[PDB]
Amino acid sequence: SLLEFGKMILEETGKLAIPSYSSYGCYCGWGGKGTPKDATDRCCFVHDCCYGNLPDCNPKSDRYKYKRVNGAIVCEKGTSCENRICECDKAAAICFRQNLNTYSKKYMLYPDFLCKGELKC
Ligand SMILES: CC(C)NC[C@@H](O)COc1ccc(CC(N)=O)cc1
């Protein structure tokens, strides 16, 4: 669920899920349309695509359990939806951590009209 994801982001990046990643680019937080603005925006695009592969699960509200083995994120055995959601977030977190160095504030609160373009998962 989102309680898990946000906690994961903070631990990983140090920035806070909301508002650092709840309204960035064209995909973080708001999904929909567009061409991802930057690397962090691409993690969101890929992440949204990740939840999209799980039709009958509830990413936002189904809680899962994960642990750290010296820094590694280890998703714990749960329902199979819980296992797959967890993997989807673990990636976003890793991806987020990987492009902290290019996280740019001008994409914060990014306006919608500026997000039109085509991208299939
Ligand atoms: C505590 C506050 C009010 N949070 C409400 C909460 O709905 C914030 O919302 C969201 C909505 C959707 C997502 C999708 C995720 N990033 O992939 C992440 C966070």
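Along the sequence shown, the residues carry numbers beginning at 1. Indexing begins at 1, ligand by ligand and atom by atom, following the structure's order. The figures that follow rest on heavy atoms only: side chains count, while hydrogens, waters and symmetry mates do not.
- Lab note: drug at ligand 1 identified as atenolol.
- Tallying contacts with atenolol (ligand 1), the largest count belongs to the chain named in the PDB entry as Phospholipase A2 VRV-PL-VIIIa.
- Checked against UniProt, none of the Ca(2+)-binding residues of chain A turns out to have a heavy atom under 4.0 Å from atenolol (ligand 1).
- Nearest to atenolol (ligand 1) among UniProt active-site residues of chain A (least heavy-atom distance, to 1 Å) is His47, 3 Å.
- In this structure, residues within 4.0 Å of atenolol (ligand 1) (heavy atoms) are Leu2, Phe5, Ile18, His47, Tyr51, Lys60.
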